[PDB]
Trainee: 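Hey, got a structure here with CR6261, can you help?
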Amino acid sequence: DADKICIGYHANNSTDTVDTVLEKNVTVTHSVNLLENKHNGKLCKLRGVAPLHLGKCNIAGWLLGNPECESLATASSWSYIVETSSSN
Amino acid sequence: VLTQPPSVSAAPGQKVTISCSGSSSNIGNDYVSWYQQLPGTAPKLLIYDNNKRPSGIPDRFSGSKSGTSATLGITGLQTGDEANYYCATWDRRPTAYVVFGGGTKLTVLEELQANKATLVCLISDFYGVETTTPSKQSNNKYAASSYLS
Amino acid sequence: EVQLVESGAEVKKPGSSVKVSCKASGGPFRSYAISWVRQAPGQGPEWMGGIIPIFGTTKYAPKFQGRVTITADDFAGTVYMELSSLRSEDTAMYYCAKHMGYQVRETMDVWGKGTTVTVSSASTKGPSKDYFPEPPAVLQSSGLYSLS
Amino acid sequence: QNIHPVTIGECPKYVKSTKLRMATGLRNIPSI
Amino acid sequence: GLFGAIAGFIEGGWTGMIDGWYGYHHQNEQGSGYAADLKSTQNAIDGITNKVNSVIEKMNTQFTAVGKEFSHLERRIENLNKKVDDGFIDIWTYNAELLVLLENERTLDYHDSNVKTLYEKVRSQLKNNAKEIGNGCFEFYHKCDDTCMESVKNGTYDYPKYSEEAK
Amino acid sequence: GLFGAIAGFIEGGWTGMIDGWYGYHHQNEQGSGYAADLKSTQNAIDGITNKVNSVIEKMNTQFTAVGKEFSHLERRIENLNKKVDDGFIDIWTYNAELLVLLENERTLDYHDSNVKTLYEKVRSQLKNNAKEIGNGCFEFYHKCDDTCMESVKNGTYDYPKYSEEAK
Amino acid sequence: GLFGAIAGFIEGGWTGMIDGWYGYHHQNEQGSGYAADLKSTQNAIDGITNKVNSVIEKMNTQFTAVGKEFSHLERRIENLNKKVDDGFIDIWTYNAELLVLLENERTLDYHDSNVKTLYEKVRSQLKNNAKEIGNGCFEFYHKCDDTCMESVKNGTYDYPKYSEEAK
Ligand SMILES: *[C@@H]1O[C@H](CO)[C@@H](O)[C@H](O)[C@H]1NC(C)=O
Ligand SMILES: *[C@@H]1O[C@H](CO)[C@@H](O)[C@H](O)[C@H]1NC(C)=O
Ligand SMILES: *[C@@H]1O[C@H](CO)[C@@H](O)[C@H](O)[C@H]1NC(C)=O
Ligand SMILES: *[C@@H]1O[C@H](CO)[C@@H](O)[C@H](O)[C@H]1NC(C)=O
Ligand SMILES: [Cl-]
Ligand SMILES: [Cl-]
Ligand SMILES: [Cl-]
């Protein structure tokens with residue numbers, strides 16, 4: 001006579017929280033992070049194409065041919081151009 | 001595991017039936033699906049939930065389940081229906097998993113200077129040692145190869 | 001319909017591990033489970049395991065329990081399969097297939113075209129007889145193929 | 001992404017946010 | 001929740017129901033257990049995956065957008081260019097944060113409605129063959145063995161069959 | 001729907017109820033027919049017309065906005081001007097699409113709530129003089145001729161009068 | 001309202017319940033009166049204060065932003081600068097007005113759900129020891145003195161105790 005059935009819902013030990021306008025820090029069973037905050041700390045090839053690092057020289061020194069930029073005389077193709085605060 | 005007959009054959013236009021026999025842990029307490037597999041191609045679902053067909057599977061394919069045995073049926077047999085057929089179901093045996101049947105094939109009616117020396121004996125036009133399994137030529141005669149190291 | 005596209009073929013040595021992937025069209029989040037099924041030459045398919053949407057839970061067959069790991073990058077619409085301690089017996093065609101709903105089940109309604117994993121003690125070598133991965137041929141006990 | 005507004009290639013949209021988590025499941029209440 | 005079920009008249013959740021979001025816990029002489037409700041969990045997973053894809057598709061990727069250089073005699077257009085860049089970042093940050101805040105509220109209410117819909121479905125099935133004992137449980141007036149329980153969870157409970165068998 | 005009525009316990013719609021959005025289908029010895037519920041259809045038409053006007057009024061018309069010309073020595077401000085024009089278009093496109101997506105969801109839930117409100121109104125009227133037979137139908141315990149049916153649809157059903165006349 | 005309570009089956013409000021948003025009016029031989037329901041009024045005040053703070057925090061303050069001067073030979077960048085300033089104002093005006101319109105609708109529905117939740121809580125308590133007489137009132141089948149009424153409002157009404165004492 002003690003046969004019973006109950007409706008209910010899932011729970012787990014997730015500790016991730018989400019916000020609403022009505023309430024902050026709501027623990028939910030499942031969620032996705034939509035925000036990337038992690039990088040690798042390097043300048044890389046861009047789809048198999050290496051960038052052009054100008055190093056000691058700036059745009060003017062590269063194209064004009066400053067003696068310090070013989071390393072750049074061989075530049076043909078690149079994916080981006082990088083200057084530094086020391087590119088003088 | 002699920003047991004099927006290894007091989008069945010029939011003439012075009014006939015109806016064949018492929019039995020899949022398991023235990024109370026698989027077929028006797030869960031749904032049964034069937035897959036058709038053609039050479040070089042992935043398994044193709046024919047029957048799900050014992051007897052339902054997906055979109056695109058013709059009327060002549062059908063399935064059923066009786067207690068512990070499931071059964072695939074094909075009518076109006078065609079040359080294109082000659083393939084391997086597999087049953088599958090959800091086995092609660094040890095850890096639960098998906099289990100396939102064994103399968104049922106349906107048929108429709110200079111060197112000797114390097115201190116080494118190998119033998120060459122070819123064979124074709126028919127119908128320590130390695131042996132080539134009989135492949136299939138474009139001629140449709142069987143061919144192979146064999147070597148004694 | 002849905003397209004499942006497995007990554008390229010793999011050839012690996014025993015005891016190493018291989019990580020193949022399966023990229024699904026649309027989405028990128030899916031509401032149905034995806035599992036991996038392999039099939040050795042002259043054999044029936046054998047299920048390996050699957051993964052559930054949102055929940056991320058996995059089930060593995062007892063035979064591969066302990067050395068298979070299924071994971072999902074839902075933002076990239078991709079599912080991965082890593083198999084370790086490779087034996088020669090692991091040489092088979094590997095398929096990803098999707099289920100009709102969110103639970104893994106005997107019913108997989110759409111499959112990828114499959115990719116091959118070959119596990120041999122051999123390494124690649126040029127022919128002189130005695131070459132390895134196929135460019136009918138027969139294989140010696142060396143694992144090397146010799147053709148004519 | 002919140003790493004940098006200057007980007008080369010195919011990148012995520014830059015925002016100043018520090019958290020952007022989107023609920024997929026329900027309110028988690030394991031012990032009552 | 002707006003529908004009074006989650007953290008409402010159903011006081012809490014079930015860590016022991018692992019195969020889905022909403023479902024049942026039964027209890028009869030043969031034993032007890034949990035079981036997810038596949039059909040309703042599936043409908044929710046449809047909508048939530050759709051929701052997440054919708055957010056993704058609305059935020060098209062940012063392509064190459066680099067800065068510019070100005071001389072000491074071009075500070076008005078330098079500051080204008082800075083004003084433009086900052087302005088758009090403030091607006092997409094607002095858009096992103098607001099969308100997630102609002103969608104998070106709706107997602108939780110959505111789950112709450114789904115639980116309430118399920119409870120009322122069962123209530124409508126069992127009618128007065130069982131006693132609504134609050135906390136989301138129904139106490140049967142007849143013996144409900146495993147087949148009986150299985151039919152409740154399939155939605156094909158047989159109210160005439162058991163109305164004559166009450167204890 | 002969030003309220004369980006539309007595509008819920010009322011399994012489907014009525015192509016034969018042409019004069020409104022929500023209403024009744026009755027069935028007694030004299031005959032059968034449909035009838036829209038004017039008061040509730042009107043309230044919804046009020047709100048939806050208001051909703052559509054609200055969308056209109058928030059999107060003030062675009063007046064004359066033409067492009068500009070730049071020389072081969074003005075590419076920084078040319079690209080800045082392009083950046084500005086493209087940026088605002090991306091933002092109004094997002095605003096427009098998002099508003100319609102969100103309002104569409106709310107509009108459907110709105111209709112679902114209106115149907116549920118109507119059903120519960122009738123249920124509250126008929127009380128236990130009629131049997132809730134699911135699918136949104138009430139089966140009367142007394143003969144309910146056309147005047148009886150008309151009074152249910154007016155909200156002035158007479159529960160005392162018929163409580164003594166049950167079959 | 002989406003939940004049928006406010007301006008729904010509870011036809012109107014109470015200027016005489018001054019200590020909260022939702023509550024009770026009782027009536028027995030000893031006397032009558034109003035009493036706010038603290039626990040539910042508190043939960044709503046939590047959420048609404050949170051809502052208002054959320055709006056505040058999303059609208060960061062505007063710092064010094066002055067205009068610029070241009071010559072009669074700089075009208076293209078003058079008009080560009082004007083285009084930028086006007087554009088952003090049109091967008092924050094849209095954002096501000098839309099947020100308040102949408103939040104206002106949700107706030108009202110929120111209150112409507114809270115009233116309905118309270119009514120169903122009491123209904124679930126009293127069960128069939130009282131008659132649901134519509135308009136949100138329960139008429140008791142047993143004498144309910146002040147202690148009895150106080151226990152209903154505390155959620156600890158004793159359905160077994162009074163089920164034997166019905167008039
Ligand atoms: C939410 O939790 C974080 C981390 O525990 C904390 O820094 C923050 O103050 C909390 N906010 C609220 C409103 O509880
Ligand atoms: C479960 O319900 C379906 C209808 O939705 C019905 O066809 C099926 O027979 C039911 N199963 C059992 C075991 O009664
Ligand atoms: C219909 O209801 C109104 C009150 O809303 C009442 O004044 C009117 O007399 C009713 N009509 C009939 C025919 O009872
Ligand atoms: C009111 O309810 C609380 C439980 O929420 C209980 O501890 C307390 O004793 C009750 N008060 C009375 C007077 O019964
Ligand atoms: Cl909730
Ligand atoms: Cl709907
Ligand atoms: Cl209201």
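Chain identifiers are assigned alphabetically (A, B, ...) following the order of the sequence lines, protein sequences preceding nucleic acid strands; residue numbering begins at 1 within each chain. Part of the entry, not all of it, is on display, and contacts are counted within that displayed part.
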Trainee: Report all copies of CR6261 by ligand number or chain letter.
Mentor: chains B and C
Trainee: Trying to figure out what CR6261 is stuck to here - the chain with the largest number of contacts. What's it called in the PDB entry?
Mentor: Hemagglutinin HA1 chain
Trainee: Could you check which other chains have a non-hydrogen atom under 4.5 Å from CR6261?
Mentor: A, D, E
Trainee: Counting only non-hydrogen atoms and a cut-off of 4.5 Å, where on chain E is contact made by CR6261?
Mentor: E/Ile18, E/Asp19, E/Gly20, E/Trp21, E/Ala36, E/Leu38, E/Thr41, E/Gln42, E/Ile45, E/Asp46, E/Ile48, E/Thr49, E/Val52, E/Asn53, E/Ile56
Trainee: Write out the paratope of CR6261 toward chain E, with heavy atoms under 4.5 Å.
Mentor: C/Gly27, C/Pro28, C/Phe29, C/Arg30, C/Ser31, C/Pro53, C/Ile54, C/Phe55, C/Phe75, C/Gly101, C/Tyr102, C/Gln103
